[PDB]
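Opening notes on hydrocortisone bound to anti-cortisol camelid antibody.
Numbers restart at 1 for each chain; the letters A, B, ... are given by sequence-line order, proteins then strands. Start at 1 and go down the list; that is how both ligands and their atoms are numbered. Atoms considered below: every heavy atom in the structure, side chains included; atoms not considered: hydrogens, waters and symmetry mates.
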Amino acid sequence: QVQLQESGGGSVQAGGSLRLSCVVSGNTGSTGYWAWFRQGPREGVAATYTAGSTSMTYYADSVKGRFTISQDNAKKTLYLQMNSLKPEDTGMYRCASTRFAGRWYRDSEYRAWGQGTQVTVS
Amino acid sequence: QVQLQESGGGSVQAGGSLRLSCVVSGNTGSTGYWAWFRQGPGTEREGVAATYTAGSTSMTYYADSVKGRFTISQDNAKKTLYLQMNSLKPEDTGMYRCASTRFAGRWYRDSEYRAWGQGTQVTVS
Amino acid sequence: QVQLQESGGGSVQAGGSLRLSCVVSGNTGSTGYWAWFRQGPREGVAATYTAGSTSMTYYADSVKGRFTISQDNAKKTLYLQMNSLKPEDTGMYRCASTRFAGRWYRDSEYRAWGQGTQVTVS
Amino acid sequence: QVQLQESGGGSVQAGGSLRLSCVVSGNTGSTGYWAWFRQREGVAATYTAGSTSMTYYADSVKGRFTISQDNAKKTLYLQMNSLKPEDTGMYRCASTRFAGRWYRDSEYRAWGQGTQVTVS
Ligand SMILES: C[C@]12CCC(=O)C=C1CC[C@@H]1[C@@H]2[C@@H](O)C[C@@]2(C)[C@H]1CC[C@]2(O)C(=O)CO
Ligand SMILES: C[C@]12CCC(=O)C=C1CC[C@@H]1[C@@H]2[C@@H](O)C[C@@]2(C)[C@H]1CC[C@]2(O)C(=O)CO
Ligand SMILES: C[C@]12CCC(=O)C=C1CC[C@@H]1[C@@H]2[C@@H](O)C[C@@]2(C)[C@H]1CC[C@]2(O)C(=O)CO
Ligand SMILES: C[C@]12CCC(=O)C=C1CC[C@@H]1[C@@H]2[C@@H](O)C[C@@]2(C)[C@H]1CC[C@]2(O)C(=O)CO
C-alpha cells in the first residue's frame, strides 16, 4: 500500500553537492522510520523516526557531517542533502519506510521500498 | 564583503510546514558558523539552529524549543543554508534572519555573529 | 547566472492581503521584463519592463485593481502586493525575468525562474 | 533544479584532440536539448525525444567534433579532433526542455560553469 518514489539523482563531480527527494503515498500511519539506503557497486545512510507527537534522526558514520536527512510533512517528501561527495558515495539510493525497526540501518527491517535514484560521483 | 539574503518566508497554519533559504556570497573563508535567528517585535533575537563547518564536514546545533521539528541543512555548491520547519506553532512566528561568523564561543550568541541578512517573516496562525 | 528568490506567500482568507517579494542576483543586464506568473498543477499576473533610461507596467485583467507590482532597483527586489484576495488567486506564484519577450505574459520566453511561493486563499 | 558540471579542458596544441565531459544531475525530465557552447556560439547539440535522438553541429566543427551521451552515466561528451586556434574558448554545457533553435544560447534554462580550452 505504501508507495515510495525517489528523484533528483545523477552524476556529480567529487566534492560536489546533491539533494535527493522521495515522495510517499498510501496508508502509512503516523509513526515509524523513513530512511535512505545506498546500493554501491545495501547500507543504511540516514533515517528519521517520526513519533507522531516528535522526531529522531540517525546517520551512518561514513556520512555524518556531510549528509542531512530532512522531510516536508505537508509535501509528503523526504530529502537527502549531500555535500562533499566522494567516489565511495556512488550507488543506487533507495528510500525505505517501516512502522517498526530495531536497527534503523538494517534493510531487512523495512517493508516499503522505492526503486531508487542513481548517484555517480566522478 | 559577506552578504546574506533570506527567502521562503510566508504565512502558514499551525501544524504546517515551511522551508527557508539563505544564499551567501563574498569572502566567507572556509570555516565557521552559519545560523538561523528569530526575533519578534520588541523581543531579543533567539538562536534557532546553526551549523559549524570545518575545512573539509559540518556539525549541527538546535534550540531545545525547535529540536525534532526544525532541521537545518546546507548545500555548499549552491552556497545556501536551509531551515526546514514542520509542526509549526504560533510561537514560531517571527522574523527569521540568517547570520554567519568565522568565530563564536557559543553558537546561539547573536552578538558574536559578523554578517546578517535582513530576514524573512514567518507567521503561524 | 541569474537567481530569483521568492518570499511572502502562504495562507490567507478571502478578502485578505499578501505581499510577495522576489530578490534577484546575478548578471541580469540593464533592460527587460520582471514578471509574476501563477502556476496551477503558467499565466501572467503582472510584469514590469525596465528600459534603463523608466519602466512600464502590465497586469492581467483578472487582477487589475487588486494586485500591484513594484520594484526597488536599489534593493534589486520585485514586489507583488495582493489585496482583496479571492479563492481563484490560489496557486504557486513564481517570479521570472528575461531581456526579451514578444508578450509580457508569454512564460515560454522567460529563461530565469524562481522556485515559487505558494498562495492559498480559503 | 538541473546541475551541469563540465570537465576535460585545458591547453593543447593545434592539430590535437580533447574530450570534454559534462555530468548532469537533478530532475531533468525525459526530453529536450543537451548542448555544448563556446564563449556564445552553439557548437553541437543533441535532442532526445520521448521515444530516439537528433544531433546538430555548427558548420565550423562538422567532421572534427562529435557529441555523444552516455544515458546510463548521465554524461555528455564532446570529442574534439583536429583542434584549431579559433576553437579556443570557455566550453559550457547547457540543457533545456524546449528550444526553437538548438544554437541559440538564450533558449537554454540550465548552464554549467564551463571548462576552458586553449589551442596554441
Ligand atoms: C514514517 C512514516 C510512518 C511509517 C511508514 O511505514 C511510512 C512513513 C513515511 C511518511 C511519514 C510516516 C509517518 O511518520 C507520518 C508522516 C510523517 C509521513 C509523512 C507526512 C506524515 O503523514 C505526517 O506528517 C503525519 O502528520
Ligand atoms: C560558514 C562560512 C564561514 C564563516 C562565515 O563568515 C560565513 C560562512 C557561510 C557559508 C559557508 C562558510 C564556510 O564554512 C565555507 C562554505 C561551507 C560556505 C558555503 C559553501 C563553502 O564556501 C564551502 O563549501 C567551501 O568549501
Ligand atoms: C529587468 C532586469 C533585466 C532583465 C533580466 O533578465 C532580469 C531583470 C530583473 C532585475 C532588473 C533588470 C534590469 O532592468 C536592471 C535592474 C532594474 C534590475 C534591478 C535593479 C537594476 O539592476 C537596475 O536598476 C540597474 O540600473
Ligand atoms: C536532455 C535532458 C532533458 C532536458 C534537460 O533540461 C536536461 C537534459 C540532459 C540529460 C538528459 C535529459 C533527457 O533527455 C533524459 C535523459 C536522456 C538525460 C540523460 C539520461 C536520461 O535521463 C535518460 O536517458 C532518460 O531515459
- Query: Which other chains are in heavy-atom contact with hydrocortisone (ligand 2) at under 4.0 Å?
  - Reply: B
- Considering the heavy atoms of B:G32, write down every atom of hydrocortisone (ligand 2) situated less than 4.0 Å from one of them. 1 (C), 3 (C), 4 (C)
- Proximity of B:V24 to hydrocortisone (ligand 2) by residue part, where a heavy atom lies under 4.0 Å: side chain
- Message: Under a 4.0 angstrom heavy-atom cut-off, which atoms of hydrocortisone (ligand 2) come close to B:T53?
- Response: 14 (O), 17 (C)
- At a non-hydrogen distance cut-off of under 4.0 Å, which region of B:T101 contacts hydrocortisone (ligand 2) (side chain, backbone, both, or neither)? backbone
- Nearest candidate to atom 12 (C) of hydrocortisone (ligand 2), where distance is taken over non-hydrogen atoms, out of B:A35, A:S84, B:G29: B:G29
- Query: Is it the side chain, the backbone, both or neither of B:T31 that has a heavy atom closer than 4.0 Å to hydrocortisone (ligand 2)?
  - Reply: backbone
- Backbone or side-chain N or O of B:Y33 under 3.5 Å from hydrocortisone (ligand 2) N or O: no
- Atom indices of hydrocortisone (ligand 2) within 4.0 angstrom of B:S30 heavy atoms, with elements: 13 (C), 14 (O), 15 (C)
- Query: Which chain residues come within 4.0 Å of hydrocortisone (ligand 2), judged by heavy atoms?
  - Reply: B:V24, B:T28, B:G29, B:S30, B:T31, B:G32, B:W34, B:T53, B:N76, B:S100, B:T101, B:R102
